[PDB]
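Note: chain IDs run A, B, ... matching the order in which the sequence lines appear. Heads up, chain A uses the PDB entry numbers, so what you see runs 2-48, 71-256, 280-606. Quick note: numbers on chain B are straight from the PDB entry, i.e. 1-48, 71-199, 202-257, 282-606, in order. Order of appearance sets the numbers: ligands from 1, and atoms from 1 within every ligand. Because only heavy atoms are used, hydrogens play no part in the values below, and waters and symmetry mates are left out as well, while side chains stay in.
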Amino acid sequence: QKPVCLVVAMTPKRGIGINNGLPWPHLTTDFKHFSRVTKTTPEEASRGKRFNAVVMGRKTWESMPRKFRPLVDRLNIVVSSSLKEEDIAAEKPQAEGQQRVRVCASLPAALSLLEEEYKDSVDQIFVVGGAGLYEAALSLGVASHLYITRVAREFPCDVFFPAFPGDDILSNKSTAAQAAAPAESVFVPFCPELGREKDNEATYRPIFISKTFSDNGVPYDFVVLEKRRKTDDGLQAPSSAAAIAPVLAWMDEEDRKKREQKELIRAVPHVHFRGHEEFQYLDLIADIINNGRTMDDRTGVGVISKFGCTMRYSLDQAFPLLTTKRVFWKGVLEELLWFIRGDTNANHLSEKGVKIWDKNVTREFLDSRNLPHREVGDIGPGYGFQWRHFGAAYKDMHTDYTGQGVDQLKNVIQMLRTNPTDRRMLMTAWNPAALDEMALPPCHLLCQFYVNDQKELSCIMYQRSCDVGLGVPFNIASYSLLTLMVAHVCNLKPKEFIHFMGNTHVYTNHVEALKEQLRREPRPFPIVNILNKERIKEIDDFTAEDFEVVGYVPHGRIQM
Amino acid sequence: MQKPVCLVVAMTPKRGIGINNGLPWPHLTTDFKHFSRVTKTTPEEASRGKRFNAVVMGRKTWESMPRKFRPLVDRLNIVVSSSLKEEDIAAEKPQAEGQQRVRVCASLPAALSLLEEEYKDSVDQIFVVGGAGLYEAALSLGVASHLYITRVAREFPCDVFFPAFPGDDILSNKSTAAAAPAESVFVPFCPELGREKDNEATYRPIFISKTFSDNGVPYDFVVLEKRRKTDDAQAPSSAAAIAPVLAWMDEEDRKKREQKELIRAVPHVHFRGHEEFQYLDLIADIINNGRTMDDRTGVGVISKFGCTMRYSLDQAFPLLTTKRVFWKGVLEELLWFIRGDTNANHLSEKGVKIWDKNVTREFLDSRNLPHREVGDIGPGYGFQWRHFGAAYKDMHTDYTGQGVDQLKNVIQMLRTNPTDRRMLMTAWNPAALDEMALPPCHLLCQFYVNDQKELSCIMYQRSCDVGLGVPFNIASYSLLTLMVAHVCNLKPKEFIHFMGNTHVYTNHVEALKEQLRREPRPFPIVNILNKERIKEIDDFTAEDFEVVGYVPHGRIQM
Ligand SMILES: NC(=O)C1=CN([C@@H]2O[C@H](COP(=O)(O)OP(=O)(O)OC[C@H]3O[C@@H](n4cnc5c(N)ncnc54)[C@H](OP(=O)(O)O)[C@@H]3O)[C@@H](O)[C@H]2O)C=CC1
Ligand SMILES: NC(=O)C1=CN([C@@H]2O[C@H](COP(=O)(O)OP(=O)(O)OC[C@H]3O[C@@H](n4cnc5c(N)ncnc54)[C@H](OP(=O)(O)O)[C@@H]3O)[C@@H](O)[C@H]2O)C=CC1
Ligand SMILES: O=c1ccn([C@H]2C[C@H](O)[C@@H](COP(=O)(O)O)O2)c(=O)[nH]1
Ligand SMILES: O=c1ccn([C@H]2C[C@H](O)[C@@H](COP(=O)(O)O)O2)c(=O)[nH]1
Ligand SMILES: CCc1nc(N)nc(N)c1-c1ccc(Cl)cc1
Ligand SMILES: CCc1nc(N)nc(N)c1-c1ccc(Cl)cc1
């Protein structure tokens, strides 16, 4: 009895085709993935001819170009009542060592044919579309695994993958007892022989979530879902390992005792291959809750903290705007352009609807800072003032500072353009002489740039204090966005943002909300495009209308 | 023999194990726990009708054992002796219920046969636990598959020594003495074949732990494995479902790996607990995976961007051991930093010349500082630490009260509000960079206190020569953390190293590959002397520190 899997690419609304074609421009990595999965013999992936079978409906077969069909090096089965096997053979000369294309009247007939006629030759069976055959395979319950390429952008479609148990992997579902009726869905039998019985309901659970890819401006990732019941929950010589085991046992005794005391928090534990880069962020939250120390802090709330943490995010395919909770993109962008301008007037942010600075520039708060001479909204000689005018004497948010202090951002960009191997391309906001004049001591206080041999730019930012629940996603996007902007005006390609964290903490009053967020599987990351690239020559040329975020499909509000 | 035999011992770097029929060092608590856990645990519990292990010892070791511990409880005890009588031992202290009668045997082979014969169903593992006479017999018989060695990092006077053995280079540097065939015990690989030229074994490390200490004594744990000397010059459905996808995702890295000869430090060590493995693994990862480019001086640099390491400070001090670190230089330069001094002649006159090449008239002129006196580093590291933002005239000026004194600010906050999240000290002053002989390399450090009065430090370094600078930099900021912890009545916990451009020079690669053949030795202890006299960071002098148990490998021939 041979394994059956489904292989499909779909939009978040399950769109898979239009006018008997695909909805999107060509997805190059997905095509490699489709070929490799369906052509790979089982012994190869784990490292007389044996081959796999691909089963498709008639429209999917018709949708292919004559030169491309049948799919090479796999047995092709077409489910159809009208197509004839002789016609297919008559299309073009049969190639050597290629299986004759078979036509069957239903999916059960196709599987029975493979089980019986191809018992010694076929290894694996892939159902590869379209919606008619996917629906048949789901309702039959024969698919142990679904290989889904989640395309993050929406496209006009007229053919959709059937709704299925587990399709919350694609998009947000009204499920908090607020749905008007049980969601539309195929019934998937867990034991296929027992059909539709209440006791026999299955669901598909993700075991695999890759990092985000893109081609042709389309972001997407790869997931593998495994059928489950709905009522469900180095290497060394053995002698070497046995000699070592008693020493490890006593060395781990103190940790094992404290593990067995508390319950260990773990983000979406059923996902075994955790390639998505947001798993760094989810695992960080879990590790702070599990292993941080509870302590007191400036605000009085109480925190769990760890000291010295790192994450890295790729910028060459997609943009790390986190998906298990929506990030305030407009605030990230408006605040970064404000920084770049050297602006210290937080009212300019507030009037645009970005309120993040307001609580720290009230008359009340500025007086707690012993700055009663500060007009409301004046953050003092803080972040952007130090970036563009490091060391200048500060009067107020209305003063013109052109030519005062050191313009670090200009110096970094000039060095990247002329001497990109330089090891001093740094920008800092931490000016200890100015700390008492500021509304807040800088939090993200240092960044460093680096170029490799292929004109790829990377950025490290060092943050002294990190609220992982609320601040960290925002800071990831700010400095990733900065890296895209610097790369563009320096004729570089953005490669990586690297995040160095000092005091890294969650607030104890957020612990329960974070546990709920840690039940969410990350979605594919969006793409951030720079618009009007020919117009933008210098870092000061960017405006708030020069950016577009594409394919951003985050989880909704936290039910807590 | 169906039953495994292992040797368990603690020894100084000179193989010393005993004096006056006792141990040569103050009590080592963690080693005593380790000894009990290893010899007591039966592999049902290690891997996770009574079964037990046996411990076999010589008569003097039996006599040395404090009577409250003797016989070793929950283990069968066998004493090898020509004079002790089993009846006398039993009458001296009769055994509790469910404990084993102590046996007496005339030789190690007699003891091992008794165990294979009479204790077939009950004994699991056999440990030889001393002393030198029984260790020598076991080594020469070749019955011990593994050696559990506690490496005590300090020499102590001893009158009894572990025998010289093949593999004892794991302990200390071996001079040009050849002497070994006459000196070392010959260890049969196949014990049945005895001493034949084709039957020669050696012991190789598979396990090196992090460094522990008790009572001022640093030490670590290694397990050695017997080898031939001629060796030397989830559910399957889930996993199978995932495999084709991983196969294509890894195809690019796989085809580059197949073309590269991967560098790997001492790859026979499988458990790599020693914290110096982070440094050795970093060298390897830079050579395997760094990008080769050219730098300021036109030579090749292999570089990576954004690396980290972490070193514990609560038991030992991370003075690296695969190559000697210039401790005097580390300590003098830090004291100089703490003074805000910028006169590199003050270092040079103490035999610390690390700054000289960057304060010569010729070099200073290349910095467009022709008005700088020889030896004047400008407003650099310690000046920014103690006088941040102050305007700089020369290295003779008195800058008292000028600028921001970050170091004093950090100490006062640690003393008064330790959970503050702003305890930072920076040397990166962009307004002063052009006046400095060198732009600062280690430019920012941040402190943190947990709920147990334990202090940690992060230092951020923009440019890291892993071959030469980084071991020095690690010692500098670990030492600074020890000093800050003391004057704040805190305990030092951890030094965390954040690295930007992390590189090795291509013309060091050959010498580095040699270094990567060296197994790390236990870290030494750094003690602060005269603690009662030292109340403020400025109070420390060079005489206030001692380095205990520092046993680094010697110089690289390449
Ligand atoms: N994004 C992706 O991964 C994929 C996208 N697509 C897109 O999907 C669309 C085509 O899919 P679709 O339109 O659903 O058509 P199908 O490929 O499902 O072919 C439908 C035909 O196949 C036969 N058939 C299908 N289901 C059954 C069944 N249960 N029992 C018996 N015969 C059956 C019938 O053939 P007859 O009428 O001859 O009896 C039916 O008319 C195209 O736009 C294509 O581009 C296709 C594959 C994968
Ligand atoms: N640091 C460590 O890990 C350890 C240290 N020690 C230290 O080692 C010292 C004792 O070791 P050591 O002095 O060598 O004495 P031993 O413990 O080796 O006992 C020596 C006696 O044991 C018997 N014996 C030993 N080897 C043989 C043999 N091959 N064949 C027959 N009988 C044998 C003889 O007993 P008889 O004379 O009765 O025939 C011999 O006189 C003490 O200082 C002790 O503290 C001990 C154990 C571990
Ligand atoms: O960009 C920022 C700015 C602030 N914070 C958080 C860290 C702390 O929780 C708090 C700042 O207060 P202090 O670290 O100064 O105490 O806000 C961030 O996470 N990111
Ligand atoms: O404390 C120090 C000072 C310097 N370097 C190394 C790093 C670089 O190889 C070189 C300084 O060169 P630049 O990065 O400034 O170009 O010295 C260190 O590793 N540690
Ligand atoms: C490469 C497109 C693709 N990607 C994935 N992940 N699955 C598929 N089933 C297909 C596909 C679509 C149309 C045809 Cl005709 C064949 C295959
Ligand atoms: C705990 C000391 C110790 N540590 C180790 N690692 N091995 C040993 N063989 C011993 C030891 C020393 C003397 C006696 Cl009598 C028994 C055991």
Recorded drug, ligand 5: pyrimethamine
Largest contact partner of pyrimethamine (ligand 5) in terms of the PDB entry: Bifunctional dihydrofolate reductase-thymidylate synthase
Other chains with a heavy atom under 4.0 Å from pyrimethamine (ligand 5): A
Pyrimethamine (ligand 5): binding-site residues, heavy-atom cut-off 4.0 Å: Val8(A), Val9(A), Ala10(A), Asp31(A), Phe32(A), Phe35(A), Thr83(A), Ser86(A), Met87(A), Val151(A), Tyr157(A), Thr172(A)
Pyrimethamine (ligand 5) atoms in contact with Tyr157(A) (distance to a heavy atom under 4.0 Å): 9 (N)
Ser86(A) N/O under 3.5 Å from pyrimethamine (ligand 5) N/O: no
UniProt domain of chain A touching pyrimethamine (ligand 5) most: dhfr
Atom indices of pyrimethamine (ligand 5), in the order listed, that fall short of 4.0 Å to a heavy atom of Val9(A): 5 (C), 6 (N), 7 (N)
Shortest protein heavy-atom distance from atom 16 (C) of pyrimethamine (ligand 5), along with the residue and atom involved: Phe35(A) CZ, 4.2 Å
Which residue and heavy atom of the protein sit nearest atom 2 (C) of pyrimethamine (ligand 5), plus the separation: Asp31(A) OD2, 3.6 Å
Closest protein heavy atom (residue, atom, distance) for atom 9 (N) of pyrimethamine (ligand 5): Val8(A) O, 2.9 Å
Nearest protein heavy atom with distance in Å, relative to atom 12 (C) of pyrimethamine (ligand 5): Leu23(A) CD2, 4.1 Å
Atom indices of pyrimethamine (ligand 5) within 4.0 angstrom of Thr83(A) heavy atoms, with elements: 15 (Cl)
Shared residues: UniProt NADP(+)-binding in chain A, heavy atom under 4.0 Å from pyrimethamine (ligand 5): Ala10(A), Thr83(A), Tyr157(A)
Per-atom contacts, pyrimethamine (ligand 5) versus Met87(A) - under 4.0 Å to a heavy atom: 15 (Cl)
Sub-4.0 Å atoms of pyrimethamine (ligand 5) with respect to non-hydrogen atoms of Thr172(A): 6 (N)
